Amino acid sequence: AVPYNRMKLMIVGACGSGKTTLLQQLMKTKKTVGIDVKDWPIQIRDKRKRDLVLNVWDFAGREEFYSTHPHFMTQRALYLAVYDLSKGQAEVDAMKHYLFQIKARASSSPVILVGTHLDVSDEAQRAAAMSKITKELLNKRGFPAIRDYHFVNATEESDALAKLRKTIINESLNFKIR
Amino acid sequence: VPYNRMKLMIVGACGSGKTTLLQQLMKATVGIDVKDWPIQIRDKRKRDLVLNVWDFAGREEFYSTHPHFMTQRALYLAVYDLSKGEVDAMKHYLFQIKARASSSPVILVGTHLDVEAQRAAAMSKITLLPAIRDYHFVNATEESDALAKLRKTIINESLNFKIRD
Ligand SMILES: *CCC(=O)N1CCN(c2nc(OC[C@@H]3CCCN3C)nc3c(F)c(-c4nc(N)cc(C)c4C(F)(F)F)c(Cl)cc23)[C@@H](C)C1
Ligand SMILES: *CCC(=O)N1CCN(c2nc(OC[C@@H]3CCCN3C)nc3c(F)c(-c4nc(N)cc(C)c4C(F)(F)F)c(Cl)cc23)[C@@H](C)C1
Ligand SMILES: Nc1nc2c(ncn2[C@@H]2O[C@H](COP(=O)(O)OP(=O)(O)O)[C@@H](O)[C@H]2O)c(=O)[nH]1
Ligand SMILES: Nc1nc2c(ncn2[C@@H]2O[C@H](COP(=O)(O)OP(=O)(O)O)[C@@H](O)[C@H]2O)c(=O)[nH]1
Ligand SMILES: [Br-]
Ligand SMILES: [Br-]
Ligand SMILES: [Br-]
Ligand SMILES: [F-]
Ligand SMILES: [Mg+2]
Ligand SMILES: [Mg+2]
């Protein structure tokens, strides 16, 4: 059983979406874990046999963490689906791949959409993104339960960011209730 | 072109020679930053919340080649230091793996062969015999016949697990 005070947050999205930047800005308070995943083409170029490619997981960090986080590799988590608003509606459409992945591999997990790069976006992009979110993503079959969607500047502190923090707390607790 | 996929989990006590063995076995890497975020703590009125946060890196190609790299169904490499006599500690990992993935296969690997008649005693305890599909004793620091044999064992067990019968 997951410890009463713990659960997982998965930050997913295309490269350049501002995922690492958003996480840096969201976390003002911290507190070992290490995971190296490597691609290993262990059987290739064999004339008769199909190729075999392994994804290999190598773990680092302190033993205490792994004792305190018994289910830390579960797929059941809160997901932040992050995209660059300044890249236009095509980026929201690209996000659908991530959303499908979440719906298939973790059908019960909730999602919060986060559009970064709000400071370098124009209102037409904001309105188009919101329109597409509400007309194509919210409560549509084949997509996970999108509980909220935000538009932020991931590079600095602001009220929108504190709002996202509170949404994250609230949705995590909603998920803990199951 | 069709090709076969599988996940390999390398477990064992710290210092067992896991990273060295994997480096030697392998003759678009992915990096995962996992951090604890105490987003709600120390307020006596409010339930605490500490989030385990995963941030992903690497080339997108990996994710096309391993779409399900987060699955729990995997082959396990249980690595231990033979020179420590560590042999009893490994059992806990097996229990974890046996409980968390009763269907996953296991390959035990004793490193530190160069530094072992005592190592032979380990075999006694193994015969501890999750589905323990093979048992090996190698030196993870250099190429050798036992190492290539373990390579082939890994191939064969990966396919046995993925392919039904
Ligand atoms: C700059 C590199 C970087 O930030 N990342 C982020 C994570 N990531 C990624 N990429 C893809 O797709 C890349 C392209 C787009 C079309 C398909 N592919 C060729 N997919 C990802 C995922 F599907 C996941 C993922 N994987 C599993 N097994 C389950 C779940 C629920 C997910 C999901 F994201 F949805 F949460 C992940 Cl973790 C990451 C993916 C790369 C771009 C590298
Ligand atoms: C040098 C540091 C290093 O390489 N590592 C990797 C191993 N590791 C670690 N340590 C512990 O504590 C010891 C005991 C023995 C049984 C497991 N544990 C309670 N535990 C680890 C784990 F439990 C895991 C693990 N965690 C989860 N959630 C699931 C599963 C299936 C496992 C595992 F694969 F091991 F079975 C892991 Cl991945 C690593 C553990 C550190 C010392 C860091
Ligand atoms: N102006 C601006 N730049 C941002 C914002 N979010 C991220 N970036 C930048 O965009 C690039 C991608 O950020 P990064 O966190 O690496 O995205 P990731 O690949 O999804 O992890 C970096 O140069 C970031 O500094 C934002 O809200 N505004
Ligand atoms: N002599 C010898 N040294 C080994 C062997 N396997 C690993 N080592 C060394 O023992 C240490 C193990 O470190 P590492 O690979 O990080 O162990 P891990 O924490 O279990 O991954 C390193 O200094 C390795 O070079 C082995 O078979 N023989
Ligand atoms: Br905080
Ligand atoms: Br787990
Ligand atoms: Br998966
Ligand atoms: F698969
Ligand atoms: Mg990043
Ligand atoms: Mg290591």
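Chain letters: A, B, ..., in sequence-line order. Residues 2-32, 41-187, in that order, are what chain A shows, numbered as in the PDB entry. Sequence positions for chain B are given in the PDB entry numbering; the residues included correspond to 3-29, 40-97, 100-129, 132-143, 146-147, 153-188, in order. Atoms within each ligand, like the ligands themselves, are counted from 1 in listed order. Per deposition record, X-ray crystallography, 2.3 Å. Values below: all heavy atoms of this structure, side chains included; hydrogens, waters and symmetry mates excluded.
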Asks: Could you check ligand 1 and tell me the drug name?
Replies: divarasib (bound form)
Asks: Mind checking which chain divarasib (bound form, ligand 1) touches most? I'd like its name from the PDB entry.
Replies: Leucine-rich repeat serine/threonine-protein kinase 2
Asks: Which other chains make heavy-atom contacts with divarasib (bound form, ligand 1) shorter than 4.0 Å?
Replies: A, B
Asks: Mind pulling out the residues near divarasib (bound form, ligand 1)? I'm using a 4.0 Å cut-off on non-hydrogen atoms.
Replies: A:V13, A:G14, A:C16, A:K20, A:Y88, A:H106, A:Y107, A:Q110, A:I111, B:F68, B:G70, B:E72, B:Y75, B:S76, B:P79, B:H80, B:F81, B:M82
Asks: Only heavy atoms of A:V13, strictly under 4.0 Å: list the atoms of divarasib (bound form, ligand 1) that pass.
Replies: 33 (C), 34 (F), 36 (F)
Asks: Record the residue and atom bearing a covalent link to divarasib (bound form, ligand 1).
Replies: A:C16 SG
Asks: Just jot down the divarasib (bound form, ligand 1) atoms closer than 4.0 angstrom to any heavy atom of A:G14, in number order.
Replies: 6 (C), 7 (C)
Asks: Which of the atoms of divarasib (bound form, ligand 1) are close to A:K20, meaning less than 4.0 Å from one of its heavy atoms?
Replies: 3 (C), 4 (O), 6 (C)
Asks: Hey, is divarasib (bound form, ligand 1) close enough to A:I111 that some N/O pair sits below 3.5 Å?
Replies: no
Asks: Can you sort out which atoms of divarasib (bound form, ligand 1) are near A:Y88, meaning under 4.0 Å from one of its heavy atoms?
Replies: 31 (C), 36 (F)
Asks: Output yes when the distance from some N or O of divarasib (bound form, ligand 1) to some N or O of A:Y107 is under 3.5 Å, and no in every other case.
Replies: yes
Asks: Going by the order shown, which atoms of divarasib (bound form, ligand 1) are within less than 4.0 Å of some heavy atom of B:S76?
Replies: 19 (C)
Asks: For divarasib (bound form, ligand 1), which atoms have a heavy atom of B:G70 less than 4.0 angstrom away?
Replies: 1 (C), 2 (C), 43 (C)
Asks: Can any other ligand or ion be found under 4.0 Å from divarasib (bound form, ligand 1)?
Replies: ligand 7 (bromide ion)
Asks: For B:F81, counting its heavy atoms only, list the atoms of divarasib (bound form, ligand 1) lying under 4.0 Å from any of them.
Replies: 26 (N), 28 (N), 38 (Cl)
